[PDB]
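A look at one PDB structure holding RG7116.
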Amino acid sequence: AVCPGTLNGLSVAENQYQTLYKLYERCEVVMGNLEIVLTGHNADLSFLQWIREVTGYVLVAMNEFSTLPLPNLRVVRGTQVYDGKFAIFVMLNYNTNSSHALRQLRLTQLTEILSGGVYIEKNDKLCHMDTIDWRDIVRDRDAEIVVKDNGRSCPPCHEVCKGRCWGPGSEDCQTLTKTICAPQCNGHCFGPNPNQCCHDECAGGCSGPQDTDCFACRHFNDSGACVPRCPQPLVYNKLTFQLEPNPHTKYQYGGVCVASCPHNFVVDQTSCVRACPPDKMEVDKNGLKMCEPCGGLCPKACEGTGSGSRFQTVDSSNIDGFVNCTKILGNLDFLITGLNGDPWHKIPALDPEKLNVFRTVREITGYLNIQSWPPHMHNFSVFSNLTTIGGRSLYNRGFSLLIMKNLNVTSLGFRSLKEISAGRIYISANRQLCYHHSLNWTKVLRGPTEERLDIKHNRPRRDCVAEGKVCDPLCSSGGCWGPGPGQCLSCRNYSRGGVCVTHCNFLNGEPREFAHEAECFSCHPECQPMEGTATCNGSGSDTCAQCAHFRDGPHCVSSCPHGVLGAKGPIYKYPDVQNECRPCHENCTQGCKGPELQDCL
Amino acid sequence: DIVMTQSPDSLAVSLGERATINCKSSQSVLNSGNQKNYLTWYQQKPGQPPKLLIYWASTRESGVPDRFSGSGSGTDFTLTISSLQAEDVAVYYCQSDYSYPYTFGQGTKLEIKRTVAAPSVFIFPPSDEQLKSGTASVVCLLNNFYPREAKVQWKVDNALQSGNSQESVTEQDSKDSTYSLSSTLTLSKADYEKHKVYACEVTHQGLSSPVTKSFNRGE
Amino acid sequence: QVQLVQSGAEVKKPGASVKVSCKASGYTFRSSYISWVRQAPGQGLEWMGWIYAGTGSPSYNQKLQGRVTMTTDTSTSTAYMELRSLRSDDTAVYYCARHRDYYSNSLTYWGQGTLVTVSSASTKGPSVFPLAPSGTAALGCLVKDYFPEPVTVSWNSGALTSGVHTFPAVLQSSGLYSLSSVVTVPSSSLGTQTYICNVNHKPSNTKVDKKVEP
Ligand SMILES: *[C@@H]1O[C@H](CO)[C@@H](O[C@@H]2O[C@H](CO)[C@@H](O)[C@H](O)[C@H]2NC(C)=O)[C@H](O)[C@H]1NC(C)=O
Ligand SMILES: *[C@@H]1O[C@H](CO)[C@@H](O)[C@H](O)[C@H]1NC(C)=O
Ligand SMILES: *[C@@H]1O[C@H](CO)[C@@H](O)[C@H](O)[C@H]1NC(C)=O
Ligand SMILES: *[C@@H]1O[C@H](CO)[C@@H](O)[C@H](O)[C@H]1NC(C)=O
Ligand SMILES: *[C@@H]1O[C@H](CO)[C@@H](O)[C@H](O)[C@H]1NC(C)=O
Ligand SMILES: *[C@@H]1O[C@H](CO)[C@@H](O)[C@H](O)[C@H]1NC(C)=O
């Protein structure tokens, strides 16, 4: 129904035709420019018989076919014009010698050129173009019309056509449509009566007074009707007192309202777009690919190092590639030469501050291998968002996690690590590593634990306890990665943003919170904080014990509904003495104030 | 086919003065679609290809001085030069930019209007070396004159001549802005020895009475 | 910058054919029109036809009766024009020029031109005869019956250039060209200064030096 435009010029044998064909059949509205350049004399042109509208310009240059039949072409919009001047550009459509020349331009239904002019020159055997009243078609009075220097030995125009025709036939006549209308219409009329103007949604002329009578839509087309906007995605339901998805929803693809975007198009906001913006991500909703805000930063996947890669370790030339990376396709290797520099390959030492680039990493598909770490960095808090180590690819003797000979590390600091899907674990020769002794690897390491742990020769458990380096009281029997309530494997009571807490803000505190599977989530804003009582039982405006501002149905709202469009018109409400939102009078136009008719607007 | 007629055929303008050249076409060149006149003006100095001055009737090509200007519409067009310079002397051409066959005009030479100068007339008898071959050519020279218009008649024993002479005129001198003419009378050795008196009569604006240079066969 | 160099001069017998090249440079040759214009000696300009270098689509003048064919080579950036069934009247200087753009057929860039002369006459050297002189006195040389054009004339091996008038050639009935070259000098220098004209005809490799005596 709707196809894209080509954007080339006179720039270009068999492929070119293939590209043209697949592109324009079976489309009706060209979102761009219709460019027909260098086409053979016996090429099938029936795939262009359904084109009704072209939003850009029409370029017909150096073709060899005898006739160009566009019987359904009604409107050339001219949003993009050729050489800044022409909506229609026809030039050089004839063969080197041979009788393979274009003789007829069949635009029998061409009614309107909204912007741009017409250029028809140097077509040796093209006739009848000098008889057409182009001013009847071209809306803009300032546009240039240049039709000259074409066919010289041309047949007279048929007597039925009255001197104006697209061809020599009796059905090839041009039908004049420009009429004289009254002042009330701003140049948009279908008759001379002041009550015979075109609809306000008509771009130019029209066949009648209705939505459905335009030659071209001023904004959008909805299944035959020219509309200011496509049907809204959301609609206020009077019975559920909130915005519900509209069944009649259509999205913006150019100037047409469509129920679903094409194959390679996503829905952002109200419109079909080529790709999703950097601030939003692609998600499947009700059958369609929609764009929704990432809630922070968007997922990004980077290639790793080690096994199956070009880098054996991350270094000065690699570290910059992991910016804003959440998932790592492969492994991470931290070797001695990578951290301190490689003289053989002339790679400088790594800047410790650049290691903070891994703070966005949530998952490592392969293994994690740390054999070298900066002296002043006594932990791996750089990997504090790391949740999963896949172990899909292993290191050495089947290791997925390997912390070796890091004599300055005091605690692990993997406070988000919850799963190591496969592989063995090797943590040794870290002489000052404490906290790891009490950790239950069964909860983290997936599968049978037996013989998959190789943890020894670290700081002895006796020295750690005597120095006070033990787990926080709020930690469960699972253990911890370091000191504090935010370093626990699991909490005894509740957790608030990765930090173990004794209780949520149930009865006091800002913001107020509710419990959900031993986790603290805040109440909806607009819940009035209750003194000595629970504020909410869950998230949402309908789970509040009392509304801060107003109440609409079961929900709490900041502002009473002041013109929210529903199924059959806008919906207005007012806040009564009990701050609850009540409907307005049925005969009110814009405002409310109160329930009575006298309070309107 | 469209026909381009330029008037006048030759124009004499003093230096620093203004020159206008007219061009009239058989069919209109104005395009109602864009109100543009498709008319072109050229300049061609002798010995070198033409130079484009103005297209679309009034638009100048990049580099063309402001003194050149074009006007007119439909079928009547005019090329004006506000202050004629020494380098502006050439033949000017009108051309249709509308359609086939893009007809050129017949052209018009532009010369410097100089002070009237009378030609110096010389007569040259045929050499003996030419007579040995049986051919006899008599030359009459007119030197350094203005204006170009001159009448040169050959008289053999006071009888007028026709169809046996050819004349050649040089281009206007770059220094003294004058013209020079060379007319050659060709005869057979038999015809030449039959007559005695050979003379060329010169009529010019700078001469009150027609100057005649005569000589007898031999001495 | 933008240049258009045409091929050298051509001499043909009536009924033959000429092919003239025109090599373009300094611009994208593909997106341009090349027009051909001829000019007979002493006559006006005449449009012969044009051609679009990109595809090769031409447009010829009907008055040439199908004798003209134009081609373009994109690889060499060269335009070619061909005239079949040559006539005496097709003796002209043939120019190769470029249209400025798509919207104007006006010729902005021209070639230096090539002289195509068509005649049944054979290549012949010139016969130089002296124009004997008899305040200032005039003398010269009669360069008669030669073919083809052109010819070079100087006085006293280039030393004498003041007051020298070399007239343009005239085409005689025989088909052979002829011109005169005069010079005015004081009558006092007739008995002391030696005046010799240097006539050189390149196409026939002829060099003639004649001394003019009173
Ligand atoms: C994790 O390691 C970092 C860096 O080694 C520690 O941060 C420093 O703490 C020391 C005191 O122990 C202070 O002198 C510095 O100002 C800190 N540096 C930075 C960059 O913040 C940190 O204490 C460690 N975290 C845990 C939980 O042990
Ligand atoms: C609108 O689209 C319908 C097809 O859904 C088509 O019938 C009609 O021609 C279009 N109207 C305009 C004004 O483009
Ligand atoms: C990373 O995200 C930050 C915003 O947090 C932005 O400044 C930057 O452009 C991003 N860098 C890359 C390489 O995408
Ligand atoms: C975890 O990643 C988030 C971005 O999603 C960022 O705000 C934060 O700084 C990271 N956490 C730590 C402890 O660095
Ligand atoms: C730990 O690092 C400190 C400097 O931050 C340094 O004094 C010390 O030598 C290191 N200890 C070991 C065992 O490497
Ligand atoms: C106004 O409301 C009354 C009922 O209160 C109803 O009778 C009437 O139809 C309404 N008037 C308009 C113009 O809608």
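The sequence lines are taken in order and lettered A, B, and onward as chains. Chain A is numbered as in the PDB entry; the shown residues are, in order, 8-19, 23-611. Here chain B follows the PDB entry, giving residues 1-219 in order. The residue numbers of chain C are those assigned by the PDB entry, with the residues present covering 1-134, 141-220 sequentially. When reading the values below, keep in mind they use all heavy atoms of this one structure, side chains included, and skip hydrogens, waters and symmetry mates.
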Practice task
Provide the full list of ligands or chains for RG7116.
Solution key: chains B and C
Practice task
Find the chain in most contact with RG7116 and give its name from the PDB entry.
Solution key: Receptor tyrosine-protein kinase erbB-3
Handout entry: Non-hydrogen contacts of RG7116 on chain A within 4.5 Å
Key = A:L17, A:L48, A:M72, A:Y92, A:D93, A:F96, A:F99, A:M101, A:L102, A:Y104, A:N105, A:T106, A:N107, A:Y129, A:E131, A:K132, A:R145, A:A153, A:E154, A:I155, A:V156, A:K158, A:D159, A:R162
Practice task
Using 4.5 Å as the heavy-atom limit, list the residues of RG7116 contacting chain A.
Solution key: B:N31, B:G33, B:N34, B:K36, B:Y38, B:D97, B:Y98, B:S99, B:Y100, B:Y102, C:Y33, C:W50, C:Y52, C:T55, C:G56, C:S57, C:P58, C:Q62, C:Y102, C:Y103, C:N105
Exercise for the section: Quote the name the entry uses for chain B. Expected result: RG7116 Fab light chain
